Amino acid sequence: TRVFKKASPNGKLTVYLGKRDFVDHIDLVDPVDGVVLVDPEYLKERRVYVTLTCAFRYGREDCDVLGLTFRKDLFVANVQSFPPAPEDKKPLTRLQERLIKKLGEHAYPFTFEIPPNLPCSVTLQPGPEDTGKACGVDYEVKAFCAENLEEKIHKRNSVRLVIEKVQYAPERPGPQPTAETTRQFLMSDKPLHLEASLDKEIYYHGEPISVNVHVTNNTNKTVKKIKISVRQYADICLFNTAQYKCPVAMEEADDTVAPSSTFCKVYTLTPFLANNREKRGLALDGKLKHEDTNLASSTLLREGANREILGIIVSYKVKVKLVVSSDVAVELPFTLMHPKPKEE
Amino acid sequence: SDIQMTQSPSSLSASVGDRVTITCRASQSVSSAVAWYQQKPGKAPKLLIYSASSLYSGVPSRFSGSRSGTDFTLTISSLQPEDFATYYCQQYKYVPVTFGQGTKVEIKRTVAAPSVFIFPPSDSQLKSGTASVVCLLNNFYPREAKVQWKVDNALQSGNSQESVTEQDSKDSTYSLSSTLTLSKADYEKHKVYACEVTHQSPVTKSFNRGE
Amino acid sequence: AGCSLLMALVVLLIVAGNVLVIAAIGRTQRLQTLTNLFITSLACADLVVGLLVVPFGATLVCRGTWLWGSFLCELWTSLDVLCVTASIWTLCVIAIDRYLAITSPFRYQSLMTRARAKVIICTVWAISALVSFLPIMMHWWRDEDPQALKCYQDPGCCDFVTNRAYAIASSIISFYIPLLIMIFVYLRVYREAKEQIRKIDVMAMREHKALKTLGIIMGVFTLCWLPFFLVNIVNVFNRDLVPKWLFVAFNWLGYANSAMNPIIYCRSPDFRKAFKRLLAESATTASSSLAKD
Amino acid sequence: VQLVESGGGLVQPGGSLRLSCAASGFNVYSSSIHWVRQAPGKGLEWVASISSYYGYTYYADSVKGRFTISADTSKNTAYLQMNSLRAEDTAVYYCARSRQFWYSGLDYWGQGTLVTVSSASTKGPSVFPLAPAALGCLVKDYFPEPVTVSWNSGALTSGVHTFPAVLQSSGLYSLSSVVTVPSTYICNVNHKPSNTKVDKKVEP
Ligand SMILES: COc1ccc(C[C@@H](C)NC[C@H](O)c2ccc(O)c(NC=O)c2)cc1
């Protein structure tokens, strides 16, 4: 296998992280396990400290005219890498044990355990004119050297190896999304059934979505157009809970349903980024600068847990709405993310 | 710049139920993103291994991939008759992706003497105005057989086309045809045309223009 | 007494600071951010001050009369109100931007666009011209007082005299309204900043530094501009009651804001490094082979 | 699960062509369509790729500019508009797919569409016998090279060695079909482009 080894500007610190992307199981998040190769002769007085900080960048500026930092550490853990502390001792994994053998005694292992119910690696799409670091949650194992944690972290000794906490699709398929909204107009005084539904709940990125819109308009009023919008709701709860909506795919069909008539159409849509790159504030998946960033994967939150979680929590729902001579609307939620890569 | 992938061997000889190994070195430090494909004569390529360590779903398990830094390796424990085809290595890490030069794998058999023959241009070719002599090498292995032309006992290195035939499944032997095209005027200037074949001592066969 | 050195000092300060800020924002691609272009219009507005306004103003003050030109007197005056109104509105715009960022950072990403920010500063320059140039072209600012009419008729006289209506209208639309928006926006920013620091709580030091930064940028602006518009409000009610030498002294105190804006609003490390360079890394992620089991 | 390409035919240098590739069993957004050409007797050479999910149009250094790759989402079809053609572009273009999330080789490959590029126009299969323990038939001055030589209308299928067509400096293909016999040997050369059936008897 291979191990990603990012080195510090000076070159003394080199963190050997086995993988830059860690599968996110809602039941038990995987550990960020690695070893830091340092020279025992160098920094004889200081102590190598590694920290896995989940910095949520809400502003695209490291510093501004006011001096306020525009990055909040939602989850920051500090473990003493060298010298090994008896209290911080952890059972070395197969990856860590193999790395220490290859590197030798000069290398010291470090392990982390990301608590569950945390935001995944999501990046707010910066516009084409935007200049600066992309916003969103990003995990990074900053390996620095300092006598204490509160001491200024010199960038020459730091190792900012940004990683991504990606969440793939579950092995079990979800229930068929189904939602029906009936609106009764005062003048018409008759129901307007909109029994739209999806073929499946788990959709792979780039896979077409088939919305079986089944309209049964019994009211005298007729629908002029059928607008299906795949609204991406980013539940950002950093300071104040706010659901930011961004349409990633809109289909406005000029299909009219005469009064006292039924309708049934399977609209095929596909959430893609090629057209949504102009959209500002869109939540994209958190990937490395080299790898291409796709649409943010739907965060699978723990059932029966806190509804508010700091960071970006994207949720996709197709909004099948019919405009009438007010308008009817119904939201069918669905989870959009990649499947677990098969390994053997 | 373009990361050219140097693949070797250019032509690997093996037998059924044998172990083969194909090496592919990248000009730059490419990551594990190095696929391996199988290209049969006429048919389309087939993705054997992806990521240089993961076999594609639906391919035989005998194939295997191993990385040694920048020299990627595709190993086949026991190659079957269907495994006799070209192999290519592409680096989809950096664009533009660059494929390999190819490694044609054929059946290995006992070395056999080459059947060398010469055929001058018929009367029809002489009248057409563009005469051409040809030399045929039948039932010879391996394909690495050099042919030299001698229009007047002088080595010719121009206006000569060489064609190689795919290894037939009957005898697993190769066939080569070297055609030297000359004008009606230059053709008559030379008297005896000969073909010298060098392939596993060299044999020279000559035939005078006038019978 | 000499006015060349006293006037040259501030002149060199404004031109030097602004040229340095403009050069740092242009040459350096990292500084070409969204919040920086707001300061580029402030520095651009402050540059025109030290280039055309401050030099002509200093001469008129110590010489005693305006001998450059009859129409140039009104042109220089209109350009002065334009730059001041533009500088004040720019300080209020960037303040609103910091509020939109600190309070609603996620909405600020999509709401505040580079092209939109360019339109914002363009509208700021437009409203300032409507308050400065439009009245000058129509002479609406000219007062009907006897001393005011005498000064206008005299080509040499160029004292800034305005009527009650225009004086109040300009004072409320140019300084007081942006002032109320600025003080209110900064108060909300300070409250929200403390809440963010409390939620997060090296940590307290940065908080105190940010809180101190906010105070100095607001105190320097107030202490410089408030006195000028404060005495002007009384001058409008009683022109003869207020003195001319004090009106000029406070007007120069207001120009000091534009003079200190480049060094006060660009104190961030990104701007300090660019200034040091004008006055004069991240290692790629590799990989190693792990011995297979 | 199946990629079928079409639109590859004979074109002269500097012409225009539109190679189409229809997909079945997979959408163009979830997987990027790639085009790789393999010249006769040469290795594969990536031509261009299209990522509909990202709208990225990647071209090779030597092929960039002259080629234009596009994709129709409504018909899940890929198009490779070709302009300013050159003789080097003569190859068997293949239309394959790559997983967008994430790139893992090229799973499925198309059958291929031979697109020859040469200035020489269609010509007849000029046959020439070849005799002295073997006889042969040499076909010359023909383009393209789908020629198929059969001995005695395919009756003599033993010892026959049909060599592949080789491109000449003039741009016309040529191949020789030789049969081995110690000791009345008709040779039928069929050219479909020209619709010709040349029959000749090879003798000493
Ligand atoms: C009496 O002696 C004098 C002579 C000249 C001046 C300079 C004045 C043009 N600067 C004006 C200043 O630049 C400014 C800025 C913004 C404004 O809205 C207004 N208008 C006030 O009514 C004025 C001052 C006093």
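So that the names make sense, note that chain A is the first sequence line, chain B the second, and so on, each numbered from 1. Start at 1 and go down the list; that is how both ligands and their atoms are numbered. Both backbone and side-chain heavy atoms feed into the values below; hydrogens, waters and symmetry mates do not. The way this entry was determined, per its header, is electron microscopy, 3.3 Å.
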Which macromolecule in this structure makes the most heavy-atom contacts with ligand 1, going by the name the PDB entry uses? Beta-1 adrenergic receptor
I'd love to know the name of the drug at ligand 1. formoterol
Other chains with a heavy atom closer than 4.0 Å to formoterol: which ones? C
Working on a figure here: which residues of other chains come under 4.0 Å of formoterol (heavy-atom distance)? C:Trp76, C:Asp80, C:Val81, C:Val84, C:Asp159, C:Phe160, C:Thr162, C:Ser170, C:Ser174, C:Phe228, C:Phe229, C:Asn232, C:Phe247, C:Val248, C:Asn251, C:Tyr255
Which transmembrane segments of chain C are in heavy-atom contact with formoterol at a cut-off of 4.0 Å, numbered from the N terminus per UniProt? 3, 5, 6, 7
Do any UniProt cyanopindolol-binding residues in chain C have a heavy atom less than 4.0 Å from formoterol, and if so, which? C:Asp80, C:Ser170, C:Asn251
